[PDB]
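Opening notes on escitalopram bound to Sodium-dependent serotonin transporter.
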Amino acid sequence: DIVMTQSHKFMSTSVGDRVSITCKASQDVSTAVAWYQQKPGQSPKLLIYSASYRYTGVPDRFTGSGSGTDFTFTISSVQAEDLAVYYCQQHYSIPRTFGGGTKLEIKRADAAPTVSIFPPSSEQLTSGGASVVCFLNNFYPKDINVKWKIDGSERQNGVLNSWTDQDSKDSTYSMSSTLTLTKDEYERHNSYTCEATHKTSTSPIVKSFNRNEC
Amino acid sequence: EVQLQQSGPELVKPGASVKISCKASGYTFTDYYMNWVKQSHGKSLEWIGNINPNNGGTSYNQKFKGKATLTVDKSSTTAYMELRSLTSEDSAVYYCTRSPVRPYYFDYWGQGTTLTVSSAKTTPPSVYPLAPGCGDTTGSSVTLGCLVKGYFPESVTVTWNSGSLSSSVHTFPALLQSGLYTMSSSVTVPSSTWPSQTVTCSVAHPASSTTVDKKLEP
Amino acid sequence: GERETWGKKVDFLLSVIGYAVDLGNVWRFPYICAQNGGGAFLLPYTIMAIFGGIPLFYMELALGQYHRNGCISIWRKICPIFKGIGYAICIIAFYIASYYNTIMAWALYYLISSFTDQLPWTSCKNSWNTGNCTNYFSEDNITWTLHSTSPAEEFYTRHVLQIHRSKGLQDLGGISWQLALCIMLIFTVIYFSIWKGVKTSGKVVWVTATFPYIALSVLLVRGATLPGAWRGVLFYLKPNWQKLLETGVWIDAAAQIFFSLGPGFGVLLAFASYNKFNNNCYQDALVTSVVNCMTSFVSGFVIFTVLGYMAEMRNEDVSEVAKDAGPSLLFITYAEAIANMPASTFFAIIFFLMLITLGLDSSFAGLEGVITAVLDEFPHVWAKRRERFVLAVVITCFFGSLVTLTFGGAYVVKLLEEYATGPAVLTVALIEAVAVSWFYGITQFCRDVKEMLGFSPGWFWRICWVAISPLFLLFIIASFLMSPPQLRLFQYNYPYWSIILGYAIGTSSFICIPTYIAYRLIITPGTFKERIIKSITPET
Ligand SMILES: CC(C)CCC[C@@H](C)[C@H]1CC[C@H]2[C@@H]3CC=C4C[C@@H](O)CC[C@]4(C)[C@H]3CC[C@]12C
Ligand SMILES: CN(C)CCC[C@@]1(c2ccc(F)cc2)OCc2cc(C#N)ccc21
Ligand SMILES: CN(C)CCC[C@@]1(c2ccc(F)cc2)OCc2cc(C#N)ccc21
Ligand SMILES: *[C@@H]1O[C@H](CO)[C@@H](O)[C@H](O)[C@H]1NC(C)=O
Ligand SMILES: *[C@@H]1O[C@H](CO)[C@@H](O)[C@H](O)[C@H]1NC(C)=O
Ligand SMILES: CCCCCCCCCCCCCC
Ligand SMILES: NCCCCCC(=O)O
Ligand code: NA
Ligand code: NA
């Protein structure tokens with residue numbers, strides 16, 4: 001069989017920068033290599049076929065090159081909506097094999113993480129539970145510390161951090177810190193506080209609220 | 001208008017079988033090979049095999065020989081793929097893509113099919129609203145959201161006001177724990193639309209077929 | 001009193017090579033070699049030759065030069081009951097000549113259509129092409145469709161063969177007159193080569209056996225100069241040793257070498273019949289066989305250089321371009337490859353002419369064996385004139401080929417070639433291999449070789465004649481009978497009853513040997529042991 005090797009699993013670039021992905025094959029392939037684009041949550045989309053040729057309904061900013069084993073997919077003007085995972089696939093010998101996939105992350109300026117803390121609703125209190133939420137929206141990059149505080153004490157148990165994929169409009173990550181607790185323990189504490197440490201500012205963003213009917 | 005519509009999500013116990021459909025339109029169905037591609041969570045694409053609609057000329061991969069069975073129907077122009085002896089590895093997203101004879105590229109793909117192979121019970125999602133406090137500072141924009149706790153499998157859809165509007169919303173990936181998934185959603189809307197109009201989050205679960213809608217109240 | 005001889009050692013010497021080398025050597029060996037281990041296939045191909053092909057070729061070639069009798073009368077001097085063998089072969093020949101010449105008729109129809117400045121299978125603007133037809137020197141970006149076809153494929157499919165006018169074995173009539181005229185010209189060109197006996201068959205051979213090597217040389221240099229031709233050579237020589245673990249490829253190689261040498265038919269017997277008595281047989285058989293194989297080996301390069309160029313011009317994966325395993329590899333793929341080359345008319349003419357000259361000598365010998373036997377069995381009852389009997393055979397073969405000249409003819413070619421003639425020739429060859437070694441005695445055979453060559457044959461050959469060769473044919477016969485291959489040709493699968501038909505044609509060929517054994521056994525008086533004793537002992 002044939003093994004299509006993609007060395008770079010991840011590549012970083014900025015809006016407007018020239019980016020190129022390499023595709024390594026097992027044996028010689030001559031002309032036949034196709035490049036596919038798969039946006040997060042969508043099906044793969046054909047961009048390039050036969051090394052250089054473009055498929056119908058594809059912008060002029062997508063180009064292809066290479067002849068043999070090493071091939072190159074080139075994007076000149078990276079747009080915000082060009083955020084997707086790119087694959088390369090040979091189409092000469094049976095069976096048809098793909099590559100590892102290169103997740104093209106977009107590099108931009110720093111952004112201040114808007115933090116918003118939310119109290120447990122009455123519908124959740126009816127069932128017998130209480131989860132304090134701490135949302136972190138619009139920031140860059142992905143690396144960011146999240147510290148919880150129930151009543152001045154650093155809470156570490158019952159905390160779940162969830163990082164979303166990069167955005168395709170302004171390229172800003174977003175994460176959610178969840179603190180799931182019981183109702184009995186929730187009715188024994190009043191003011192909750194979640195904070196976040198980022199590289200935009202040295203001072204961690206602090207959010208707090210009171211249980212005493214807001 | 002070349003469209004390929006597959007079937008919905010499938011939750012099946014290990015050892016059983018599952019069949020996935022593929023309705024084709026917008027082109028001459030008897031002109032192109034029909035293919036199936038398996039994609040695991042976080043992994044790459046994997047060509048299962050193709051089939052010739054004219055006579056059902058099947059061509060499988062050595063890695064999938066005796067694992068998948070491809071069939072076709074010209075009367076309705078629909079392809080089918082059947083999987084037996086299901087394991088946790090088969091829990092993946094499957095596509096059906098059109099392809100010519102030469103050059104062998106995949107021009108049009110289906111939307112995909114989320115397969116989950118597990119003996120875990122189909123658990124209905126717990127929909128708990130997440131409304132901002134009455135002591136917060138209403139600035140130029142307020143952030144809303146809803147919470148989904150405990151469901152199986154990874155088959156849930158949270159919409160906002162029938163998809164209008166959703167310029168500023170953030171959906172957080174499902175986290176699996178104790179056999180049950182848990183996720184959350186948020187939306188950033190200006191202070192000139194809340195709490196004036198009606199903003200209601202919808203949580204649908206196709207596996208359990210349960211649609212619970214909750215309106216946000218300050 | 002006596003019979004004739006050879007005009008020169010070479011003519012027969014070539015003549016037998018002209019018999020051995022054919023179309024199968026050109027296209028059949030490269031494919032089966034490429035799909036079964038590649039270059040690795042060279043290992044079991046030789047083992048099945050040395051142990052199985054060569055001893056049968058030499059053992060078959062010795063008896064003919066010793067007894068100097070035909071395929072029929074030689075059994076009267078060995079085992080009269082097996083004399084029916086000599087008849088069976090004859091019947092066999094009648095089937096063989098029914099399709100073997102129609103291929104040359106196709107190549108001839110291609111040759112006469114290759115005198116135009118613009119070759120027919122290059123453009124789609126013809127009276128036989130369809131809307132699917134798509135050629136090159138056309139718009140770029142073209143993408144192949146499931147229903148799309150190539151101008152060469154159309155030319156072979158809808159013009160010369162005209163197979164679209166038949167629904168299969170069921171409805172295949174009518175008959176095409178063009179290929180009838182071609183096969184008539186061929187049945188005429190083989191007439192003037194055999195009618196004068198072994199004098200012309202050793203003189204015409206000079207042209208028919210030497211030309212294919214020149215043509216293969218030209219096509220070899222040409223194919224070697226072609227860009228990306230290393231892909232076909234790579235795929236053609238890429239070692240896949242795992243294939244050797246399969247018990248099938250060995251059987252494939254065995255059948256391949258057996259069919260390529262084509263022993264146990266009486267052709268070698270007849271060619272050996274007209275030769276010196278003190279003449280050597282060892283060196284002859286050895287040299288001839290080594291040529292038949294080497295010729296196949298270089299033919300592999302001749303094919304896969306051009307197919308490598310074809311895969312380069314397309315998109316690699318040579319197997320894809322060489323998916324078809326038949327005449328389509330030459331009449332479509334190779335032809336379409338020729339059309340896209342400079343001086344395409346030249347390389348086409350020498351190619352089709354090469355095919356014709358490749359089949360002609362094999363036909364000469366094929367008929368020559370039967371004619372020789374029949375004349376030797378019915379002497380001077382027969383032999384009053386040779387042109388009369390030869391013509392009488394040729395005409396009968398022509399009327400017997402009318403079934404093949406139909407629109408659905410290639411189907412009958414496959415069916416007869418694979419389900420009928422092949423197990424029957426292997427079978428009768430098995431009866432011969434058993435009859436010579438176990439009835440006449442291998443010791444007396446080695447004594448006869450000791451008489452001719454002056455020295456008894458080695459233990460290596462004796463041990464091959466005793467057990468290796470009969471089991472060699474036995475493996476092939478058993479392998480086929482245990483699992484007959486599913487037939488397929490031009491997107492058309494053969495009916496389930498096809499094997500019933502072929503066998504019916506197969507069994508009806510050797511009906512003469514058991515009924516002839518019963519004839520002698522019912523004719524000779526006395527005890528059955530006495531009749532069988534007179535049926536085992538050579539003629540007083
Ligand atoms: C040469 C002679 C002795 C061979 C005759 C053997 C007979 C029994 C064989 C030979 C050809 C065969 C036939 C070939 C064609 C057809 C047409 C198909 O629609 C039904 C099967 C049928 C009818 C087959 C029946 C069996 C058959 C008639
Ligand atoms: C390619 N596929 C396997 C078809 C070939 C089958 C074959 C055949 C028929 C009966 C048997 F008992 C054994 C082999 O028919 C003709 C023939 C010629 C050669 C040569 N040179 C080799 C094999 C055969
Ligand atoms: C073997 N060498 C390569 C020549 C092949 C031509 C052939 C032959 C015999 C009678 C004819 F009238 C014309 C041609 O010679 C023997 C033979 C056996 C089978 C089988 N099964 C098929 C073809 C033939
Ligand atoms: C092409 O071939 C298919 C079947 O091989 C046939 O149905 C179709 O009609 C052909 N095209 C045209 C234009 O006739
Ligand atoms: C490329 O080939 C396809 C074949 O289906 C054709 O539909 C398309 O029009 C071609 N592209 C252009 C630009 O003509
Ligand atoms: C000597 C072995 C015979 C092999 C040739 C085919 C035998 C046929 C067996 C019976 C079926 C015949 C169909 C009528
Ligand atoms: N319908 C007949 C099929 C066989 C063709 C020979 C014939 O026309 O009699
Ligand atoms: Na041969
Ligand atoms: Na010949």
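Naming convention: chains lettered A, B, ... in sequence-line order (proteins, then strands); numbering from 1 in each chain. Per the header: X-ray crystallography, 3.2 Å. As the structure lists them, so they are numbered: ligands from 1, and atoms in each ligand from 1.
- Counting every copy, the structure places escitalopram at ligands 2 and 3.
- Within the structure, the other chains placing a heavy atom under 4.0 Å from escitalopram (ligand 2) are, by letter, C.
- Defined by non-hydrogen atoms within 4.0 Å, the binding site of escitalopram (ligand 2) is C/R28, C/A255, C/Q256, C/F259, C/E417, C/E418, C/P423, C/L426, C/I476, C/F480.
- Taking the UniProt Na(+)-binding residues of chain C and keeping those with a non-hydrogen atom under 4.0 Å from escitalopram (ligand 2) leaves nothing.
- As stated in the entry, the source of chain C is Homo sapiens.
- Between escitalopram (ligand 2) and the membrane-spanning segments of chain C, as UniProt orders them from the N terminus, heavy atoms come under 4.0 Å only for 1, 6, 10, 11.
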